[PDB]
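The structure to be discussed contains NVP-AUY922.
By the numbers in the PDB entry, the shown part of chain A spans 16-224. Values below: all heavy atoms of this structure, side chains included; hydrogens, waters and symmetry mates excluded. If you're wondering, the header gives X-ray crystallography, 1.6 Å. Order of appearance sets the numbers: ligands from 1, and atoms from 1 within every ligand.
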Amino acid sequence: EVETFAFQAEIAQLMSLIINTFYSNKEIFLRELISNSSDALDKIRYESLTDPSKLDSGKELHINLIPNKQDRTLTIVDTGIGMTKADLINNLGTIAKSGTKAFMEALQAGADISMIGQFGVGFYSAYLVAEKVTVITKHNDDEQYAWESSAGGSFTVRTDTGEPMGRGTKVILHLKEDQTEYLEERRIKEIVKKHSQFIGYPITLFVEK
Ligand SMILES: CCNC(=O)c1noc(-c2cc(C(C)C)c(O)cc2O)c1-c1ccc(CN2CCOCC2)cc1
Ligand SMILES: [Mg+2]
């Protein structure tokens, strides 16, 4: 029921560097995830311009940020195009092998970790703040699937039994114990205002309690 896969070696190396390098500017993870959501929303919008039925799975195009201090999780939900099972296995819809090699080479030449998005592998900056990441996704052409990894060289993919999503992607960040600042409303607002001013979709920061 659950399939376990090994990361390509270059991606495992990148994840180990992200988890073990000293780097204080960890807030960039949220810019990268919101950017990915915006790109996926662009994709379903473009497909809908010639086939309106592709929005039968949901006409609203938005990004929601959902902190939960009890679970110590930050969840980012979008209603973009979503990923098929094959996309998930294929490094979450990215050419991550060649992106990670170029990025780690740039880091050798003095590049900064904040440039990770220029190399198409910004997703993995989630491991700056998260000990585990779950990605739940639904694409019009496939069933709902959950990808998960705590690094350590492997990820799992399984059919998702949770709340049906309609269409889109949910990223659940299981935060490290010393990274709970990213559950505070003021901190999230600050990061969104600083890094995501020109995202062309409504970003709703949920409140708690
Ligand atoms: C069939 C094609 N589907 C998609 O492109 C897609 N659907 O949902 C995507 C999301 C992926 C991520 C992470 C997990 C990679 C998100 O955080 C949010 C998404 O909406 C998502 C996606 C969005 C962005 C990226 C990363 N880019 C980066 C630049 O090069 C191309 C890939 C990869 C995948
Ligand atoms: Mg693009």
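NVP-AUY922, all copies counted: located at ligand 1. The largest share of close contacts with NVP-AUY922 (ligand 1) comes from the chain named in UniProt as Heat shock protein HSP 90-alpha. Annotation: atom 8 (O) of NVP-AUY922 (ligand 1) to nearest protein heavy atom, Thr184 OG1, 3.1 Å. Heavy-atom contacts of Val186 reach the following atoms of NVP-AUY922 (ligand 1): 17 (O) (cutoff under 4.0 Å).
Per-residue contacts place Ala55 under 4.0 angstrom from the following atoms of NVP-AUY922 (ligand 1) (heavy atoms of the residue considered): 6 (C), 7 (N), 8 (O), 9 (C), 20 (O), 21 (C). Taking 4.0 Å as the cut-off, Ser52 counts as a neighbour of NVP-AUY922 (ligand 1) on heavy-atom distance.
Residue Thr152 places every heavy atom at 4.0 Å or more from NVP-AUY922 (ligand 1).
Every atom of NVP-AUY922 (ligand 1) is numbered from 1 in the order shown, and the set under 4.0 Å from a heavy atom of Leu107 is 15 (C), 33 (C), 34 (C). The closest non-hydrogen atom to atom 14 (C) of NVP-AUY922 (ligand 1), taken over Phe134, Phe138, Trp162, comes from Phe138.
The N/O atoms of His154, backbone and side chain alike, include none that comes under 3.5 Å of an N/O atom in NVP-AUY922 (ligand 1).
Below 3.5 Å of separation, one finds an N or O of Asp93 facing an N or O of NVP-AUY922 (ligand 1). Close contacts between NVP-AUY922 (ligand 1) and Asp102 involve ligand atoms 1 (C) [criterion: under 4.0 Å to a heavy atom]. In terms of polar-atom proximity, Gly135 is not counted as a contact of NVP-AUY922 (ligand 1), lacking any N or O under 3.5 Å from an N or O of the ligand.
Counting heavy atoms closer than 4.0 Å to NVP-AUY922 (ligand 1), residue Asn51 contributes atoms from both its backbone and its side chain. Neighbouring residues of NVP-AUY922 (ligand 1) under 4.0 Å (non-hydrogen atoms) are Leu48, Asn51, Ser52, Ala55, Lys58, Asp93, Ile96, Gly97, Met98, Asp102, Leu107, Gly108, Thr109, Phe138, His154, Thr184, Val186.
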